[PDB]
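Below, a PDB structure including carfilzomib (bound form).
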Amino acid sequence: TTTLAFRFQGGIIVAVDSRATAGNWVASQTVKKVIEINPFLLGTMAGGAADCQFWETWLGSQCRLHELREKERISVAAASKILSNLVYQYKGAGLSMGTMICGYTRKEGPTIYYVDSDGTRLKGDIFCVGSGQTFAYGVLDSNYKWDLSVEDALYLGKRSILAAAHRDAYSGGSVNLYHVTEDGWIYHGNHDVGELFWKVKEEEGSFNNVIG
Amino acid sequence: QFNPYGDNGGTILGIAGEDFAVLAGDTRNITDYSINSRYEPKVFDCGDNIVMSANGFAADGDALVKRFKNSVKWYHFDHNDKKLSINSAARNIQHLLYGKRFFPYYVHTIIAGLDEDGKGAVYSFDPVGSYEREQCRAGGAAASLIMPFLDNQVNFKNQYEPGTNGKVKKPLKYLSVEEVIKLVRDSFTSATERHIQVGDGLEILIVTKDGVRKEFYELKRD
Amino acid sequence: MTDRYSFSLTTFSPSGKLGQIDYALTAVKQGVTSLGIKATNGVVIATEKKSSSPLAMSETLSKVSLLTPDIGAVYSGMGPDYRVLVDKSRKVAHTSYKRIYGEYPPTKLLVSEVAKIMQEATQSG
Amino acid sequence: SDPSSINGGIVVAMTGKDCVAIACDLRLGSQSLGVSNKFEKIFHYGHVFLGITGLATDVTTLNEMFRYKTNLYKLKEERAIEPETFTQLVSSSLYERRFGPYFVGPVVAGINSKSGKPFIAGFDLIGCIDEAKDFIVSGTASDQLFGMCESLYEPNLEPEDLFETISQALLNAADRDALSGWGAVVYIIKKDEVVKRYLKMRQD
Amino acid sequence: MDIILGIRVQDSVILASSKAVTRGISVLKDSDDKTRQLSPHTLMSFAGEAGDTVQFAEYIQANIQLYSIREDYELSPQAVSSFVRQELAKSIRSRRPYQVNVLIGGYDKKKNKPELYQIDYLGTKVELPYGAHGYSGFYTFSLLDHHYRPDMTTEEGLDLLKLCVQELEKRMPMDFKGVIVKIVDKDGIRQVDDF
Amino acid sequence: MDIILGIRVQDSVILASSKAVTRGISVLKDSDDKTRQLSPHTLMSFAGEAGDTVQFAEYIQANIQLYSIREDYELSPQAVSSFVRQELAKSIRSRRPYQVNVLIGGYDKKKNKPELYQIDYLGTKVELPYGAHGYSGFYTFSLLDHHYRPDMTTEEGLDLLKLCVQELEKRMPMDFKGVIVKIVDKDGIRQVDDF
Amino acid sequence: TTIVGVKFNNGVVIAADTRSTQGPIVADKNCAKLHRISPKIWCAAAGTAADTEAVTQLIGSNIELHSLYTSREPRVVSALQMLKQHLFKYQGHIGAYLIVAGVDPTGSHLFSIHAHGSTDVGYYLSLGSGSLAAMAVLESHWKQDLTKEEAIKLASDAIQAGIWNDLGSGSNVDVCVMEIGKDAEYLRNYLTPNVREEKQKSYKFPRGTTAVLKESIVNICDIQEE
Amino acid sequence: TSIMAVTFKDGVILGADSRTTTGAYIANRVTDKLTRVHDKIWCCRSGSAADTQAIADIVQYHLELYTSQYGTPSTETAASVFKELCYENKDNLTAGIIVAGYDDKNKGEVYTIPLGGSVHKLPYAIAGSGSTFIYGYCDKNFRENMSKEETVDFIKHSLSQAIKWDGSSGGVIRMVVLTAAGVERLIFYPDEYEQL
Amino acid sequence: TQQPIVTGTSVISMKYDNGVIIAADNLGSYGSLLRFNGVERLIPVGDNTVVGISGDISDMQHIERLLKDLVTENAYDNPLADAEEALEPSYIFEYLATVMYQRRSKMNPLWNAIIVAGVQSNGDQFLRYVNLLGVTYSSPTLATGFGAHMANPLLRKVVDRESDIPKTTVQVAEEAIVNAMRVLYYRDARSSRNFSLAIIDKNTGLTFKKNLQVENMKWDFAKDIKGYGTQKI
Ligand SMILES: *C[C@@](C)(O)[C@](*)(O)[C@H](CC(C)C)NC(=O)[C@H](Cc1ccccc1)NC(=O)[C@H](CC(C)C)NC(=O)[C@H](CCc1ccccc1)NC(=O)CN1CCOCC1
Ligand SMILES: *C[C@@](C)(O)[C@](*)(O)[C@H](CC(C)C)NC(=O)[C@H](Cc1ccccc1)NC(=O)[C@H](CC(C)C)NC(=O)[C@H](CCc1ccccc1)NC(=O)CN1CCOCC1
Ligand SMILES: *C[C@@](C)(O)[C@](*)(O)[C@H](CC(C)C)NC(=O)[C@H](Cc1ccccc1)NC(=O)[C@H](CC(C)C)NC(=O)[C@H](CCc1ccccc1)NC(=O)CN1CCOCC1
Ligand SMILES: [Mg+2]
Ligand SMILES: [Mg+2]
Ligand SMILES: [Mg+2]
């Protein structure tokens with residue numbers, strides 16, 4: 001899978017691919033790897049499909065219970081730590097999860113937390129997760145600056161997933177884009193790689209390795 | 001050492017139409033190179049206009065269907081005879097499957113029916129409960145043979161408008177029930193030719209607003 | 001109990017002649033007549049069954065031999081030399097052709113293989 | 001670890017009315033890493049076409065080997081090798097490595113120049129021949145190709161119709177396999193003209 | 001040996017190869033040149049198992065130099081790459097195979113074209129606009145897919161290569177101690193001393 | 001987590017801990033603080049298996065902070081180190097042990113002395129003038145055996161620490177992305193922002 | 001695979017199904033498993049497909065050379081002896097399981113041979129994955145002094161049992177009859193009880209449906225004159 | 001497999017069951033395990049069908065060539081040739097062979113060759129999986145210098161019991177009688193020997 | 001997890017027009033040793049059901065006691081225990097199938113394959129299989145072990161599909177079963193000559209036949225088989 005999230009001047013960009021595999025069998029090209037926990041919180045999924053879907057859906061329930069009890073939106077820190085403490089209980093049992101918890105709150109500002117199934121929890125500005133993470137990192141790190149336009153940042157996230165979809169055999173299908181602000185997350189569409197690749201090739205003049 | 005799992009073969013197929021859905025399965029049941037039965041029903045009416053099949057290890061499949069049928073019964077008791085919607089059925093099945101995350105049900109599950117807007121719905125599950133709604137899904141032994149054909153013929157993948165160079169895709173359409181059943185029958189005839197575990201008979205359950213109807217067709221017995 | 005004859009027994013003489021080949025051709029001249037004629041729709045090969053004794057059963061001695069289903073051979077000269085060449089020709093048709101290509105060799109190539117075996121007896125030790 | 005699925009790739013062949021078609025994808029990888037998108041798997045020796053899937057070093061080695069052997073064949077026989085004869089040569093050559101085999105799935109395709117008869121064949125890694133009337137499949141998406149071919153195929157298709165059928169069989173099979181795709185080539189073969197077409201496909 | 005990269009531009013081929021030699025716990029050397037000149041217009045970089053790498057590289061070098069003396073002629077890059085591939089394809093079914101991956105960068109003087117061949121230890125050969133062996137390619141191919149054009153100059157090729165090395169220095173766990181860079185063009189082979 | 005170092009000088013304890021967090025192929029982060037303040041004059045650095053390290057460190061932190069509120073008093077470094085050791089010694093015979101090694105640097109306000117304790121995942125405690133966990137000590141102990149004196153200043157301790165880090169940057173294979181340095185003295189805990 | 005042999009009054013009959021497999025996939029639906037060793041010595045093959053072909057062709061080649069050398073028509077016991085010694089030497093690694101039958105100047109014969117090199121004699125035999133299904137039919141209907149017509153019937157019924165009940169076997173029944181004082185008659189596709197039904201739909205595409213990037217003529221001809 | 005050879009007044013008799021097994025499937029129910037290596041030297045075969053056939057074929061070849069040069073070989077000589085093959089190839093063979101023969105000088109002789117390739121000359125011998133169940137019976141009922149009819153009954157009763165208890169043995173009881181009079185083949189069907 | 005010790009081989013069965021037939025031999029094997037020659041492996045439950053069991057005999061005896069206890073329990077506070085509330089084949093099967101799957105799910109199976117044969121209240125034929133894994137299936141013919149490989153092909157020639165059931169009489173069906181038992185005696189190394197057979201008919205009820213023997217065996221052709229190829233005598 002390839003998933004990424006990064007912080008910049010205008011908030012957070014989150015982009016993921018849509019492929020599910022069973023070994024070399026391509027099980028699906030239409031999976032949703034972003035979960036919308038609330039209007040200010042997003043979760044990304046990489047690893048076991050069931051593990052990710054079940055526990056991130058469960059996380060949504062625990063975040064909802066927090067706001068009923070405390071009359072206040074859960075912090076990104078607290079939400080990420082609920083998931084990391086849960087997987088830590090299951091450590092050694094064989095769960096497979098690589099996730100990013102991305103959101104805005106007034107007290108924290110825009111925040112990204114990496115959480116995985118061996119128990120690691122890390123705050124940071126940039127993360128790429130999954131089988132195709134290295135390919136995304138290659139494009140992302142070279143064109144990254146703090147002060148991209150929202151338009152340029154959305155494109156870079158889209159382009160980094162495209163890069164990984166191309167090179168990584170276990171990533172592909174389509175690109176789902178999100179932008180997180182003060183006012184919440186905004187969906188910026190599903191982009192099929194079968195059309196996007198050729199569009200990007202022509203307009204950008206990239207992918208000169210391919211017969212086009 | 002004792003192995004608690006087995007492989008009973010078989011293959012299943014769900015297709016969603018505009019105001020209908022089908023769930024088809026072959027009726028052959030096998031172990032190794034033996035035929036256990038030529039007619040052992042694998043697709044089941046579970047009530048509330050929902051059809052289900054859990055293909056793979058038949059004992060786990062039967063157990064799961066039995067537990068879901070019971071879940072529908074207790075949903076009626078606990079919530080004033082309310083109709084279990086297909087989306088709600090799907091989420092319930094995820095919890096049934098993920099409950100045995102560390103000793104899984106060895107099956108690929110498909111359910112079919114109508115959503116709350118009356119539109120055709122097919123949901124698909126892995127052994128430990130990850131799920132997705134789709135227009136198309138094949139599961140089981142000959143899934144690898146059937147799915148690419150469905151991508152091509154139901155979702156019109158890799159097909160373009162003639163004379164447009166290759167820039168206008170074939171536009172997506174809902175298929176009629178007559179057209180879907182033709183694709184189902186050809187899928188299973190093709191799978192039977194090339195997969196040894198597929199054959200004997202084809203049983204299709206069709207779900208509409210009017211209810212659940214059945215159709216049966218002979219398949220090759222070799 | 002050693003084969004010490006690792007050197008050629010056929011060599012060039014001062015005049016450029018290969019003596020043993022010429023002498024072999026002389027042995028062929030003494031041998032019984034055999035012929036071959038090619039038609040449009042076939043080929044014929046023929047020879048005399050020169051019987052060494054009337055008590056001998058000349059049917060048992062086959063001067064005309066099948067090599068493949070579509071190829072036949074006849075000779076003039078030393079009969080035992082012919083017999084072993086027919087054995088080798090039949091075998092080389094299988095080993096160097098039929099077991100590779102799944103079909104019998106064409107006439108010219110089987111001839112080429114027999115020719116090779118006869119050349120080697122003209123140069124080997 | 002499994003040599004037949006390190007590099008990935010597929011080949012398919014089909015017969016039509018007075019014609020044959022053979023097609024392949026262009027991917028070469030090291031498991032998950034895509035390396036090359038120009039690695040063609042179809043070769044030709046005169047009018048006989050050979051597709052090879054499997055371990056890429058053996059694909060290249062066997063191409064060079066059959067070029068070698070068919071060149072010598074032509075010098076000695078004074079004619080080009082035919083598909084039926086070439087099939088037997090492939091089988092012989094694979095089986096002589098019985099206990100240390102080439103990890104490949106070869107596919108022969110062509111038209112016999114004398115009889116005019118369309119011919120296709122496939123082989124396992126040790127040289128067993130499958131001489132099909134209808135179609136032959138090979139590679140990491142062979143299951144997928146079998147399914148596509150068995151449903152899409154009908155006999156006696158004209159060359160330009162057969163092109164559409166084989167292309168759709170390849171493309172849709174490749175898109176359900178992680179280790180196949182990255183471009184594709186289709187050869188349409190008639191008794192004395194051969195057209196080669198590169199297909200536009202999704203690049204993931 | 002860890003990272004070897006190659007990029008073919010308009011009129012040259014650039015090879016970049018890491019300087020570190022590490023045995024277990026310690027970095028034994030930080031200035032190792034992981035390359036051999038095979039002929040005046042053909043350079044081979046290499047990486048793989050200790051010992052095997054240099055032994056194989058020098059063995060190929062000796063053979064190509066022998067060919068050059070015998071014929072008084074330089075083999076084309078394509079011909080050298082095919083020779084190397086066959087040696088590796090022979091090796092893989094031996095008692096003890098050579099565990100060596102190589103890049104061959106050459107300038108073909110006949111065609112007036114740069115050429116880059118990537119060959120792994122199995123004998124898997126491909127001609128590429130850019131190439132890498134080992135874990136390097138997981139980072140560097142996506143970059144090159146974005147930034148590469150076929151008509152780039154040698155200076156543009158070196159800047160594109162700096163962007164590859166910066167990414168590897170950021171994201172790879174091992175300290176590979178920088179790279180030695182060498183350019184192969186019509187005038188021969190030269191080393192970029194400051195990188 | 002890779003390198004954690006500690007050195008006890010005249011009037012302070014200095015802890016240096018690497019910034020890299022690496023999972024498999026990629027360096028996920030280059031600014032990670034591998035430490036927790038247990039009390040105002042006691043700092044614990046840590047390294048070991050992913051997840052276990054932070055979970056254990058924060059668990060110890062919570063317990064010492066609980067003690068501090070209950071008694072309105074700061075436990076001595078010796079007392080905190082003995083508590084930590086017992087938790088690890090208990091852990092090693094559990095169903096799933098904590099794979100975590102720690103250094104505890106503290107200033108004892110009663111005795112007016114800096115103290116450095118090295119404790120491994122088994123519960124093996126030693127008080128030392130200088131300490132290290134993992135492969136670091138294979139390089140750094142010999143250095144400190146040469147250059148260390150007990151009456152050194154904090155500035156001399158930092159220079160001696162630079163000499164350790166330079167050696168680790170020269171000879172270790174992994175890029176650990178530098179170190180965060182923290183000083184523990186009579187005035188509390190502070191971070192050296194430029195190193 | 002299902003293969004059988006059945007002796008009768010004046011000869012012997014062998015039969016086989018026509019399915020070959022690759023994992024659970026059917027690679028060929030009309031495989032030919034009756035191999036000719038010599039004109040009147042034929043055998044049915046089961047096991048590793050390449051091995052059965054290679055072993056029948058090698059021994060068939062050497063039998064042909066032996067026949068020419070000795071001026072005698074080949075004997076079934078010779079094919080048997082040469083097959084078993086070759087298979088024994090390779091200690092089971094050549095996965096050939098064969099039913100060897102034929103007529104020669106000594107009479108009519110029926111043998112089986114296994115991959116490790118053991119042979120057996122019988123009036124009726126079966127081999128392959130469907131051999132139990134076939135042997136059940138043979139044990140129920142075989143008698144002494146069968147006619148030609150009765151033996152063909154029994155042999156094909158025994159293959160059918162394999163076709164219908166064994167997932168390893170399928171498609172068609174191939175038969176070869178070897179009678180004393182007659183040419184051997186190979187009956188390819190003697191029964192065809194598994195024709196596919198007509199499909200519901202035609203999948204012929206409109207011309208221009210597939211997107212193309214480039215076209216070019218391929219030169220298959222040699223270098224031209226002038 | 002259940003096999004035995006028994007010396008008696010007029011010579012020796014070999015006996016065997018007719019079952020060949022692949023796992024628990026009976027591959028051949030009418031097997032002939034009594035094989036001729038010379039006119040009046042025969043053997044009983046147990047263990048691998050492939051191995052014992054290969055060995056027996058080689059021994060038949062060696063004794064045919066012995067006969068061409070030196071005349072009729074002794075039973076001891078035949079046993080020695082079996083031994084040489086079984087001993088020297090012990091790592092690669094699974095063969096348990098009983099050699100039995102009739103000379104006019106030595107009369108009836110029996111040699112047993114178990115797995116190791118050792119040789120043991122005995123008045124009678126039993127071998128194969130089913131032999132375990134009849135050690136008791138055979139030891140109590142064997143006498144030297146029995147008549148032909150007594151020895152046929154002794155073998156029939158013994159192998160009947162071996163068949164009854166061993167699932168790896170079954171079918172018909174085949175016997176081969178070796179005397180001065182010649183070579184006689186006997187067969188006994190289930191309906192006869194089961195009711196004993 | 002265990003291993004089976006004392007074992008029973010094939011159980012075979014089929015439907016006919018008015019009922020069902022089931023059969024099994026009387027042997028308890030101890031590996032290759034044919035240890036126990038008087039073991040009954042068909043166990044009737046009431047006058048409408050016969051449970052045929054193969055596999056581990058210790059586990060068979062446990063199952064036998066469960067069924068015996070099930071009859072006792074059904075009679076409790078049940079005035080219609082010998083009428084409308086009598087145990088049905090379908091009830092007995094589902095109980096066993098539940099137990100089998102529960103035991104496999106605890107990794108401690110009952111090491112058996114079971115066929116429940118009977119006739120229901122409404123006259124309908126019942127025939128269904130269950131094994132150590134909890135796998136269940138029904139078919140016009142059913143067989144365990146070697147019987148699956150050898151008996152089913154023969155029995156399927158009589159009843160190939162559902163529509164053949166009314167056309168098959170009890171004489172034809174019994175003949176097919178008896179022949180199948182002979183074939184198994186020829187070919188299964190862990191079988192015996194002696195067997196039991198049970199017919200459950202909707203009209204004539206339960207007929208249980210003990211001490212049957214395989215008869216009309218062909219061994220005569222054995223005299224003509226000599227050597228393994230070249231031997232002539
Ligand atoms: C694409 C990516 C790089 O792998 C990415 O991480 C995605 C992200 C998901 C979609 C959110 N991950 C997957 O696609 C996983 C990869 C994976 C597989 C197996 C274990 C861990 C990770 N894919 C799945 O989880 C997969 C989704 C199905 C195909 C829709 N499910 C399985 O492979 C499934 C369950 C595996 C399993 C079993 C027991 C415990 C835990 C996990 N396995 C099967 O269905 C088995 N088999 C049956 C026959 O067909 C082939 C598959
Ligand atoms: C089908 C039958 C009922 O078993 C019957 O015996 C027939 C009889 C033949 C046709 C005379 N047997 C087969 O069809 C065999 C069954 C078999 C498969 C595998 C091992 C042993 C027996 N089928 C084949 O031999 C098959 C023929 C192809 C489809 C033309 N070949 C393979 O399956 C091949 C065997 C490789 C092999 C190598 C070494 C020892 C033994 C066998 N395997 C593959 O092709 C698998 N794989 C290789 C890498 O590429 C992908 C496919
Ligand atoms: C019946 C008896 C008591 O064992 C008696 O000794 C007879 C005597 C013969 C007829 C002279 N022996 C057999 O029947 C042997 C028993 C045996 C099996 C395995 C090893 C040694 C002895 N049976 C065979 O030799 C059998 C003949 C075939 C069926 C024509 N061959 C095999 O079973 C074969 C032997 C492989 C082998 C050879 C040598 C050492 C070790 C193994 N084995 C298989 O085919 C295995 N089989 C297992 C189940 O799945 C199918 C493959
Ligand atoms: Mg890809
Ligand atoms: Mg079948
Ligand atoms: Mg793909």
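Residue numbers start from 1 in every chain, and the chains themselves are labelled A, B, ... in the order their sequence lines are given, proteins ahead of strands. Excerpt of entry shown; contacts counted in excerpt. According to its header, this structure was worked out by X-ray crystallography, 2.3 Å. Numbering of ligands and ligand atoms starts at 1, following listing order.
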Specify every chain or ligand assigned to carfilzomib (bound form). ligands 1, 2 and 3
Carfilzomib (bound form, ligand 1): main contacting chain per UniProt: Proteasome subunit beta type-5
Heavy-atom contacts under 4.0 Å: which other chains make them with carfilzomib (bound form, ligand 1)? A, B
Any idea which of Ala46(A), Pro127(B), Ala49(A), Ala22(A) brings a heavy atom closest to atom 25 (O) of carfilzomib (bound form, ligand 1)? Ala49(A)
Under 3.5 Å between some N or O of carfilzomib (bound form, ligand 1) and some N or O of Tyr170(A)? no
Heavy-atom proximity to atom 17 (C) of carfilzomib (bound form, ligand 1), best of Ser96(A), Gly47(A), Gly94(A): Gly47(A)
Give the atom numbers and elements of carfilzomib (bound form, ligand 1) that come within less than 4.0 Å of a heavy atom of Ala20(A). 10 (C), 14 (O)
Does any N/O atom on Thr2(A) come nearer than 3.5 Å to any N/O atom on carfilzomib (bound form, ligand 1)? no
If the entry models a covalent bond for carfilzomib (bound form, ligand 1), which residue and atom sit at the far end? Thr1(A) OG1
Please report whether carfilzomib (bound form, ligand 1) has a polar contact with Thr1(A), defined as an N or O pair separated by less than 3.5 Å (distance criterion only). yes
Proximity of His108(B) to carfilzomib (bound form, ligand 1) by residue part, where a heavy atom lies under 4.0 Å: side chain
Return the UniProt-listed bortezomib-binding residues of chain A that have heavy atoms within 4.0 Å of carfilzomib (bound form, ligand 1). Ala49(A)
Quick one: look up the protein heavy atom nearest atom 42 (C) of carfilzomib (bound form, ligand 1) and list residue, atom name and how far away it is. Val128(B) CG2, 3.9 Å
When you measure from the heavy atoms of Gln53(A) to every atom of carfilzomib (bound form, ligand 1), does any distance fall below 4.0 Å? no
Can I get the nearest UniProt active-site residue of chain A to carfilzomib (bound form, ligand 1) along with its heavy-atom distance to 1 Å? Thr1(A), 1 Å
Chain B: entry name: Proteasome subunit beta type-6
So is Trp25(A) in contact with carfilzomib (bound form, ligand 1), going by heavy-atom distances below 4.0 Å? no
By chain and residue number, what forms the binding site of carfilzomib (bound form, ligand 1) with heavy atoms closer than 4.0 Å? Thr1(A), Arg19(A), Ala20(A), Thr21(A), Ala22(A), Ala27(A), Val31(A), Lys33(A), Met45(A), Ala46(A), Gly47(A), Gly48(A), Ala49(A), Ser131(A), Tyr170(A), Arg101(B), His108(B), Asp126(B), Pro127(B), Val128(B)
